[PDB]
Every structure is written in C-alpha cells, then in structure tokens.
Enquirer: 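The structure that follows is given in the form of structure tokens.
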Amino acid sequence: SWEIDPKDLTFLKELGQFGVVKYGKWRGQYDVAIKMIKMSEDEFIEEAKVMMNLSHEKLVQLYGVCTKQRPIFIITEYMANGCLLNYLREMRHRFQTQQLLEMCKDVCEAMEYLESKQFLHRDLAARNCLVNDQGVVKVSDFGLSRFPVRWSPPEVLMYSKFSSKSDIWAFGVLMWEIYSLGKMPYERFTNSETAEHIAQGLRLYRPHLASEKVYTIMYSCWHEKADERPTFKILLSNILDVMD
Ligand SMILES: Cc1nc(Nc2ncc(C(=O)Nc3c(C)cccc3Cl)s2)cc(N2CCN(CCO)CC2)n1
C-alpha cells in the first residue's frame, strides 16, 4: 500500500546523522532520498511503520517503502539544501531576520504535531533538521521515542526525566542556533562544565540578531521548572505574533 516498486528507483549519489541515505529518482520524475539500514531489519521496518502513521507539512514527507525484498528501503522527498546547521553557515551573509523567524516557525509546527501524537524527538537540534529548495525547514520522524548535553534540560541531565517539556528546552536551544547562524551553544565550556553551569542556572545569551521579543520566546523554553515552560502550541502562537 505504501509499497514502492524498487525497479522504479534510480540511484544518483550517496548523501552521517541521517544514516545511509542516497539521492535518487523515482519514476523518472521525482527527486527522492532513499534510506537503507546501517539497527536490525526488524527495527528498521518498525521505524518505517511509525513513518507510515505520521503526516505533517513540516515532517520530511514519506513517499513509500520497499520491504517485500532485500535490501529494505525507505523513500522520502529529497530536501535539496541538506542539513539546517550547514545551511545556516552556507547562507549566513544573506539571511534576513524574517527568514530566521520562519525557520523557527517551521520546526515549531512539526513539534506541536509530534507533541500531539505523544512522540518525543530527543535530539532536536539544527544538525538534525533538513531544508528544502524553498528554504522550508522540516524535521525527521524516523527514530522518535514514544542525551546531547547542550540541548538538554537539567531534569534530563540529572534524572532522565524526558517529556514534552524537555523537547521544549531543546527547541529553545535550536532557536538560539538559528539566530546565531549555527554557532555552538555554551562555546566557553566543556560538556561537563556545561552540565554543571546549567544546573547552577546558566542561560544562553541573546544572539546579536535576536530582538528582545524573539529572545523572550527562546528564554521561556529554559525555565528551571519544566511546568513553567510553554507548550509547542503556545510557542507557535508567540512566534506567529512576533512575526507580525
Ligand atoms: C544528508 C543530506 N541530505 C539531503 N537531503 C535529504 N532529503 C531527505 C533526506 C532523508 O534523510 N530522508 C529520510 C529518509 C530517506 C528516511 C527516513 C527519514 C528521512 Cl528524514 S536527506 C541533502 C544533502 N545535501 C548535501 C549538501 N548540499 C548542498 C546544497 O545546498 C546538497 C544537499 N545532504
């Protein structure tokens, strides 16, 4: 039903953090990314099934799967501009602040949807987002859960207390990364000293390109008390409001 005939794929080039992925052509027309296993065959297939059951404008769009033979493939839309972190660096001289805001908005819409479906991302960060030829940012729904020190809240670092609210903290850091055009958070510190200082209440300082209004949004994501952080729904509203 989601099954694709592998005969209609043409492999064009190998493309890290997104696994074993190649650029291809589907039915001579459609640019695709084609994923193969690097995980057991069983869990790769169950990942594909998670993807079959999730759908949003800001999740990388599943086109189909090949599971009736080996090797197993997962097929999605090709995101031509690659990973967000490298894209921020590539285009750093060009961005206008409205664009930075739309990128935050894109990822925030994906996360509101995933929150609503009781999935946690668990590595929400610029390196793990993809960008299409239109500049639209999307998130992967492969490998979701139902600890990157610089993107984790204290309750995760200390207690492995993962929740919507821990993805909220990471989304704040991702906002900081976007507004800093891909700089490393807490550059001054080792991972260990980062974990240390954050529990002591260290927060990321306002990037050059973030207005006070925008900073207020990312900063709300980092409340010590998880229950004082906003939901992705509230975040999107705040982001939309600051947009006009
Ligand atoms: C690593 C990488 N991927 C790119 N595009 C992708 N589109 C969709 C991808 C993907 O992984 N789908 C997927 C699958 C298949 C299964 C489960 C889950 C998912 Cl999300 S990977 C582009 C790219 N480029 C290198 C540098 N460039 C400079 C141009 O500005 C050209 C672009 N590099």
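Along the sequence shown, the residues carry numbers beginning at 1. Remember, it's 1-based here, ligands and their atoms both numbered in the order they're listed.
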Enquirer: Okay, my shortlist is vebreltinib, dasatinib, runcaciguat, paliperidone, apixaban. Which one is at ligand 1?
Expert: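 The answer is dasatinib.
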Enquirer: Give the name, as used in the PDB entry, of the chain with the most heavy-atom contacts to dasatinib.
Expert: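 Main partner, per contacts: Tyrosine-protein kinase BTK.
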Enquirer: Which neighbouring residues and nucleotides define the binding site of dasatinib at 4.0 Å (non-hydrogen atoms)?
Expert: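 Within 4.0 Å on heavy atoms: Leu15, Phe18, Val21, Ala33, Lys35, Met51, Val60, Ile74, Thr76, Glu77, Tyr78, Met79, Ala80, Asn81, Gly82, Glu90, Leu130, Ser140, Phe142.
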Enquirer: Which of the atoms in dasatinib, numbered in the order shown and given with their element, are less than 4.0 Å from a heavy-atom of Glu90?
Expert: 30 (O)
Enquirer: Identify, by atom number and element, the atoms of dasatinib in contact range of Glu77, meaning under 4.0 Å from any of its heavy atoms.
Expert: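 In order of numbering, the contacting atoms are 7 (N), 8 (C).
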Enquirer: What are the identity and heavy-atom distance (to 1 Å) of the UniProt active-site residue in chain A nearest to dasatinib?
Expert: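 Nearest UniProt active-site residue and heavy-atom distance: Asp123, 12 Å.
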Enquirer: For chain A, what organism does the entry report?
Expert: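 By the entry, the source is Homo sapiens.
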Enquirer: Does any N/O atom on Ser140 come nearer than 3.5 Å to any N/O atom on dasatinib?
Expert: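 No, since none of the N or O atoms of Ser140 sits under 3.5 Å from an N or O of dasatinib.
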Enquirer: With atoms numbered from 1 as shown, which atoms in dasatinib lie under 4.0 angstrom from a non-hydrogen atom of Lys35?
Expert: 14 (C), 15 (C), 16 (C), 17 (C)
Enquirer: Numbering the atoms of dasatinib from 1, which are under 4.0 Å from a heavy atom of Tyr78?
Expert: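 Under 4.0 Å from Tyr78, dasatinib has these atoms: 4 (C), 5 (N), 7 (N), 22 (C), 31 (C), 32 (C).
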Enquirer: Could you tell me which atoms of dasatinib, counted from 1 in the order shown, lie closer than 4.0 angstrom to a heavy atom of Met51?
Expert: 17 (C), 18 (C)
Enquirer: Of all residues in chain A that touch dasatinib, most belong to which UniProt domain?
Expert: Protein kinase
Enquirer: What atoms in dasatinib come closer than 4.0 Å to a heavy atom of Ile74?
Expert: 15 (C), 16 (C)
Enquirer: Do any UniProt clofedanol-binding residues in chain A place a non-hydrogen atom less than 4.0 Å from dasatinib, and if so, which?
Expert: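 Those UniProt residues with a heavy atom under the cut-off: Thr76, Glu77, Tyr78, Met79.
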Enquirer: In chain A, which residues that UniProt lists for dasatinib binding have any heavy atom less than 4.0 Å from dasatinib?
Expert: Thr76, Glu77, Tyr78, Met79
Enquirer: So for dasatinib, is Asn81 a polar contact partner (N or O within less than 3.5 Å, distance only)?
Expert: yes
Enquirer: Does an N or O anywhere in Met79 fall below 3.5 Å from an N or O of dasatinib?
Expert: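 Min N/O separation from dasatinib is below 3.5 Å for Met79.
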